[PDB]
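As structure tokens, the structure follows; a few thoughts come after it.
By convention here, the chains are lettered A, B, ... following the listed order of sequence lines. Residue numbering for chain A follows the PDB entry, covering 27-267, 278-751 in order. We number chain B the way the PDB entry does; in order, the residues shown are 28-263, 278-751. Side chains included, hydrogens not; waters and symmetry mates left out as well; all remaining heavy atoms used. One-based numbering, in listed order, for ligands and for the atoms of each.
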Amino acid sequence: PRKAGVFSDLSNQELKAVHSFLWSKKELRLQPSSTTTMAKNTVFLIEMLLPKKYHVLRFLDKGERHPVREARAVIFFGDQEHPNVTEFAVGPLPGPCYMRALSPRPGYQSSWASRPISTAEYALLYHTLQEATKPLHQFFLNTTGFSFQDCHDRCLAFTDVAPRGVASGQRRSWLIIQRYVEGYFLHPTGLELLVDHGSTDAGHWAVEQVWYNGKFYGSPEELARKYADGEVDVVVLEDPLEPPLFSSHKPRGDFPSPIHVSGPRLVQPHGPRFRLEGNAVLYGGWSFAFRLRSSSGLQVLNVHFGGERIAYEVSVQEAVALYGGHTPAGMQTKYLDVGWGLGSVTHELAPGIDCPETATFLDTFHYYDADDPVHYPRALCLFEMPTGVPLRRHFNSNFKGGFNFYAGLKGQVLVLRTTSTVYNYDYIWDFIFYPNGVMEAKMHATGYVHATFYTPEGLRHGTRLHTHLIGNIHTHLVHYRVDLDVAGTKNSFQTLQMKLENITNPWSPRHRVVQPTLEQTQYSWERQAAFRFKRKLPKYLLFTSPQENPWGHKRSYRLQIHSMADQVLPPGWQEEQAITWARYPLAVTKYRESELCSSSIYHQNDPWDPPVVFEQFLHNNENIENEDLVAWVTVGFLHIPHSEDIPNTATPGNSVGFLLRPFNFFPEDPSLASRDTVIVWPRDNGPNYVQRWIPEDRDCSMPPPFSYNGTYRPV
Amino acid sequence: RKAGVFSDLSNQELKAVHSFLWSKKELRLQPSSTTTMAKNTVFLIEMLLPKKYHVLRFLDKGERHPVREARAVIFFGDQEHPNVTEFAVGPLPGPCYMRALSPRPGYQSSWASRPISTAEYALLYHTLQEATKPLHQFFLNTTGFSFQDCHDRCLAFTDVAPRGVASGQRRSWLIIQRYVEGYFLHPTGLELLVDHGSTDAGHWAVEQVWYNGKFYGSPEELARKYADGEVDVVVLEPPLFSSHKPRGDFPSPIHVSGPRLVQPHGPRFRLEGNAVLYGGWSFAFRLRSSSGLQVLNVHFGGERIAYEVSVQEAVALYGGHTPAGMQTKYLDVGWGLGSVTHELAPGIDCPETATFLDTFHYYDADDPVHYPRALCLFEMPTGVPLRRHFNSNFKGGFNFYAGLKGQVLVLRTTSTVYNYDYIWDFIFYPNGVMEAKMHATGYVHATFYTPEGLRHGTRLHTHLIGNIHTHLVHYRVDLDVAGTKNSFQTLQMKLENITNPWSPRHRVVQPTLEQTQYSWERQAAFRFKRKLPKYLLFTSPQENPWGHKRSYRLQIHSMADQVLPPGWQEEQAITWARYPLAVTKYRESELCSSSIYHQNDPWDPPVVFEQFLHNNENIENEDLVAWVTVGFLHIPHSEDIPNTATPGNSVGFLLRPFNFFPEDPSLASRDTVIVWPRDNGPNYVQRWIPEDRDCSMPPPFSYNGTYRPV
Ligand SMILES: *[C@@H]1O[C@H](CO)[C@@H](O[C@@H]2O[C@H](CO)[C@@H](O[C@@H]3O[C@H](CO)[C@@H](O)[C@H](O)[C@@H]3O)[C@H](O)[C@H]2NC(C)=O)[C@H](O)[C@H]1NC(C)=O
Ligand SMILES: *[C@@H]1O[C@H](CO)[C@@H](O[C@@H]2O[C@H](CO)[C@@H](O)[C@H](O)[C@H]2NC(C)=O)[C@H](O)[C@H]1NC(C)=O
Ligand SMILES: *[C@@H]1O[C@H](CO)[C@@H](O[C@@H]2O[C@H](CO)[C@@H](O)[C@H](O)[C@H]2NC(C)=O)[C@H](O)[C@H]1NC(C)=O
Ligand SMILES: *[C@@H]1O[C@H](CO)[C@@H](O[C@@H]2O[C@H](CO)[C@@H](O)[C@H](O)[C@H]2NC(C)=O)[C@H](O)[C@H]1NC(C)=O
Ligand SMILES: *[C@@H]1O[C@H](CO)[C@@H](O[C@@H]2O[C@H](CO)[C@@H](O)[C@H](O)[C@H]2NC(C)=O)[C@H](O)[C@H]1NC(C)=O
Ligand SMILES: *[C@@H]1O[C@H](CO)[C@@H](O[C@@H]2O[C@H](CO)[C@@H](O)[C@H](O)[C@H]2NC(C)=O)[C@H](O)[C@H]1NC(C)=O
Ligand SMILES: N=C(N)c1ccc(OCCCCCOc2ccc(C(=N)N)cc2)cc1
Ligand SMILES: N=C(N)c1ccc(OCCCCCOc2ccc(C(=N)N)cc2)cc1
Ligand SMILES: [Ca+2]
Ligand SMILES: [Ca+2]
Ligand SMILES: [Ca+2]
Ligand SMILES: [Ca+2]
Ligand SMILES: [Cu+2]
Ligand SMILES: [Cu+2]
């Protein structure tokens, strides 16, 4: 269990140790992230940097030494003539002595433009807007009752969309202006503004274009003028500030059948049945470690069942929302969430709501756009829950008014969960473990939709959800890395299909038997195992070991994809270079340390020329027979918003993911070791014998009272 | 309750229909249990739904309760030309009449088409026992079991269907097995073809014999060749591999019970008879002995969504190396899918807190039979909030957290015809989303291992091949979105490529929303070849407050494909499986896509789904019916031993509100919690129901396992 520490995130202490070491190098001229100038040197991100798999596996499987522990440190070098972003690996931990180059990209010049936005930058943007929009002040008051200057409880706000321009190196953002009320995401005013904020001197920043209610205007002054001269068809918004605001979660309406009491709840009188210690988990047959990468999010590592490895890594790689729109902001929006620290917006899970009251809730620390490491309460939870459906059951009838036996095993699952709330949407990320060796990855979508100001032309790109509101059409796409090591590193990939044959009926020569047969297809090269959305995806996608089970069949795990995704952008066109993985519901690559990730934090702001292009992993078309393979999986769905998305998108029917299922891996059902199985047997002239291996439970316990903090701060 | 119009027959009603028929002396009725085929007997009695026209006038326009009737299926075997005839028996209470249903002029295979029965099995077993006497020593030597003086070491058989090569035949292949715990997985290597068509069991014959990859013609021939050394024979306390009993050890053993649901404040749904209320939901349900579970007159927010959602048929289509294997196309409505609803075990099949419901079936029985805990109805936490949001202030704090705990209402039954157990769910979420689901578990259909079998399945044990097969299920989904008259429409994303309106030298290539209308049935019949649109909408002409048509969306969760070749022989029985989705104009002559007869005459069945589409009717502003196929290929694997498990082995569909309600319909729920910050104090936790931490105990576990007349 101490071995799982190799996969563990950095502690508050280690984050501080790395930050202090960076600050001790006076030549870096490092300033705090909150300093409100772009022309500064700052440490933007610090997170644990996984050691090489070769070394980890020798540590884990061969008794060799613990690999050196390091942190990734991303430094924004704004305080120089040619600003750039450079990454380092800082180590060792404990006792940092060195910073070495990490992911160097020599000859690329747009790193500064590619960098994530930051709190300091937002503050300066708000300053830029307050000055630049002064001509529109009276316009603001007349059309909205809110303002940017001299506001207190009636402030305008903005939401920036990305990417930021039409080509690599640009940092020109469209901004959707909204009223800052409860659920402000759903309150666009009809104004959108394009700001060039590329220069490290914010005094050079300019609103270069203005869109209001269907027309472009060139500058704030021009719109002000034309409005003053009565030449603008404006939409005067009603006052927002008894009934709840449409964008509030507050209850309204009544069901015809009143519900006055709390619903059923999980109790756990015996406590957890899994063993969670640090980042190590044991649960029946299962053994795995986890981590929460601040940049990209949740990972489960070194996953075993039955004491045998199944997967070295399963991890979220990227999550995107690709929009169409009638407004410039809407037609600009391709959100890539790793560009926003998908793994560090893991905000507090509410006990009894976000996870069961019986869950184990876990804190973490993140250092992402911060002056010090920040404590995130209840960032993750781990819990066992009844699925409501038995894992297996059978009624063995005697067909004479009775039975020979009933047998059943109550359905339970272990769930590891976190969330990501960057801004409007809340994604819920689950890794789920079933007692029979099946594991499942799942994303659910909830929170607020990305929405723009209603005009009639908007109906070609979305749905009217309220008086002044359009929910823009978009597609959610998530990419997963699935480094399966089925019973070991060396695997192959094959598929199975049903194929009909047409033979002479062997017992009636005058007749035919047209019937299913089992067809196996082997795959030798990466390109053969790169399935595009147009291609027919076989029903059995198997990752196999050369080892056979006792019945002569190769030991395999099957990948089963649950998705409504499709090709969204045209392959090869401009920003689509950022998301070439989204060409493939499944693609298989040969493992490589230079190919651990399909995305990065830089992809959002330079989608034209990003540091990783997944398609390039397929270029060399490597042999994949008896090799360390990585499966990569795209899942997602088209979301055409509808009125039921107000105030929030709901989770029912809004999840996607995949299952990993053993297929001839174990000699028989691996859940047979469960002692929860019950078999009822008849007895002549008596009550039935209920055979158990664990006593019947009716015990009771109570969860702690509900609490919720809502703050996240350094400790 | 008006939902009584949809209710199944009570014990009293079943007895009343049976008594009435038995009082007609000219019918010459005898009990199902009488062990001759040359008898007249009432095979099945269940409630026969009135016409939708009359039901809606009763429900919606305050008119008379429709006439209540029973469907009665009579096997007329005691006549020169045996047949099956169905009757409408009514009225109820106090039956007077008996009216013949659905004639088929020119169809001659009625008797052959009829389901197998207990009495037919007793006669088959007698035939096998007699016909296999020459193989007695062969049986003992090769298996240690036999049919004679066998006691604890008896052979058994599993029949496959369909039963022959053409309409009118009744020639069944029988898989010989050792009768032990989980006998389904113990084939001996012997299969037997028996012609049992004549009403005189005296005429029944073993016409062919298959053993370990060779045909032998008769039991006598196999016996002689065995004696003469001319047969390649396979000669066949930890638990048996076919047993559920625990063995093996987890690396981290678990010794205590897992978490459980408690419901100290009682159910939050209201059940009165067959009528259910739950938050916004109102619906009725029935358990049709022939075809299985239905939900009817489904309402949310006082508005109708669907008149009927029902299981229509469930099939398992096999390939194989053995003749039984290559013969098997099971169609479970042919086995009374809805009357093998055996006892739900509290805590396992449904939560300990569930409401368990009994029912009565009259299917191949002498009297109506009580089935304890045949269905269950329960609310359970889903473990994922229906909605949640963390509204950050981006300065180390928050403006609010809002969340609604996930709960769902589940209505469940099962069907275990024999080896497999299907679990049938209809699931209702608080936001107006309903879901249908089937899960497969129980024992696989399996045959004797030879090397040749590996082309049609997987070796799962020493002597066992798990045959490859596809599961396909058909649902009838009579959506009545806000009313009877609807249209069908699909939406897709289509890209446009325009001049970037703020940078003219550049392009915007972006999503647009494309809407497709459908005017004729055939346009809305989607084959598995065709690309299925992402939005499948059934729409009312009514608009929501924002100008969009009020609709429900159908979202299918399936791995199905075309299995049999269209137009080829038995595929005639399952033409519906050509279509993941097809839409028809409502017709009283097309209430069902299958029947109890399809299994035993798949070549010339009484209902051919394809014919529903032949008139290619207008579906603009009509009473529409969606028909949905879901399923999956199952290539068996060793983890299916002793049973297939439910994780990942489920299919179904969702029905989702799409611009039907002005905003999220779950906003009426008082379970929502909002946490607000407070200046210089603790947070305000706003609730509309008090926090609850009460615990209580459920009923102690019990299980009966018998199903008898009352
Ligand atoms: C991104 O910015 C960093 C930091 O500004 C660059 O690294 C720095 O490169 C300079 C040379 O350009 C190094 O500074 C010093 O140069 C003098 C030359 O007179 C030399 O005598 C000193 O020994 C020293 O090297 C500096 O060491 C180095 N800083 C770090 C932290 O590595 C980096 O090259 C820029 N990247 C790109 C792609 O332009
Ligand atoms: C399976 O193969 C058989 C044999 O080739 C096909 O049967 C022939 O079908 C044609 C009509 O298309 C007839 O003219 C022949 O008389 C048939 N021959 C025999 C020997 O029966 C049959 O159609 C094939 N079926 C499928 C579904 O592929
Ligand atoms: C959220 O958690 C923080 C950390 O525990 C709380 O801060 C503490 O507040 C208590 C008052 O009950 C003081 O006794 C401590 O001195 C505080 N500790 C620190 C480190 O600041 C804070 O009260 C909680 N906030 C809410 C809204 O519940
Ligand atoms: C199936 O058998 C039934 C019962 O023998 C036949 O029904 C009888 O038909 C005769 C002559 O048409 C009538 O006089 C009787 O009233 C019928 N008896 C009953 C109980 O309805 C029927 O003709 C046969 N069906 C077919 C299609 O041949
Ligand atoms: C979108 O449309 C534009 C304009 O038709 C296409 O751009 C043209 O592409 C051809 C071939 O590459 C060039 O020779 C022309 O110079 C381009 N014209 C302009 C005005 O840019 C573009 O290829 C289209 N993109 C997609 C993905 O369909
Ligand atoms: C299953 O249920 C039946 C019906 O309730 C039980 O039969 C009853 O058993 C009690 C206890 O001896 C008798 O006094 C009653 O006369 C029985 N009632 C009927 C209608 O038979 C039966 O015992 C139960 N079986 C099992 C195995 O639990
Ligand atoms: N779905 C999307 N991609 C997305 C949608 C809208 C949006 O527009 C508002 C601007 C974001 C305002 C808040 O931005 C951050 C950034 C990083 C962290 C962090 N990692 N700590 C926390 C908050 C941004 C992203
Ligand atoms: N999957 C399949 N289709 C199936 C698989 C195997 C099988 O093999 C042995 C025969 C079954 C013996 C029991 O048959 C019945 C019939 C009807 C009822 C009823 N509805 N009451 C109850 C039991 C039968 C069906
Ligand atoms: Ca490669
Ligand atoms: Ca691998
Ligand atoms: Ca028609
Ligand atoms: Ca309808
Ligand atoms: Cu969405
Ligand atoms: Cu199956």
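- The chain forming the most contacts with ligand 7 in this entry appears in the PDB entry as Amiloride-sensitive amine oxidase.
- The drug located at ligand 7 is named pentamidine.
- Other chains reaching under 4.0 Å from pentamidine (ligand 7) with at least one heavy atom: A, B.
- The residues lying within 4.0 Å of pentamidine (ligand 7), counted on heavy atoms, are A:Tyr148, A:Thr185, A:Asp186, A:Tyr371, A:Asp373, A:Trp376, A:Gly377, A:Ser380, A:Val381, A:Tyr404, A:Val458, A:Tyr459, A:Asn460, B:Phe435.
- Listed by number with element, the atoms of pentamidine (ligand 7) under 4.0 Å from a non-hydrogen atom of A:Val381 are 18 (C), 19 (C), 20 (N), 22 (C).
- No N or O atom of A:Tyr148 sits closer than 3.5 Å to an N or O atom of pentamidine (ligand 7).
- Numbered from 1 in the order shown, with element, the atoms of pentamidine (ligand 7) that lie under 4.0 Å from a heavy atom of A:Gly377 read 20 (N).
- Close approach to A:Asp186 involves these atoms of pentamidine (ligand 7), each under 4.0 Å from a residue heavy atom: 8 (O), 9 (C), 10 (C).
- Within a heavy-atom distance under 4.0 Å, pentamidine (ligand 7) reaches no UniProt Ca(2+)-binding residue of chain A.
- The PDB lists the organism for chain A as Homo sapiens.
- Checked against a 3.5 angstrom limit, the closest N/O atoms of A:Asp373 and pentamidine (ligand 7) fall inside it.
- No N or O atom of A:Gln640 sits closer than 3.5 Å to an N or O atom of pentamidine (ligand 7).
- Using 4.0 Å as the cut-off, no other ligands or ions are found near pentamidine (ligand 7).
- Both criteria (UniProt Cu(2+)-binding in chain A; heavy atom under 4.0 Å from pentamidine (ligand 7)) are met by no residue.
- Each of the atoms 8 (O), 9 (C) of pentamidine (ligand 7) lies under 4.0 Å from some heavy atom of A:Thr185.
- If you number the atoms of pentamidine (ligand 7) from 1 as listed, the ones under 4.0 Å from a heavy atom of A:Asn460 come out as 5 (C), 6 (C).
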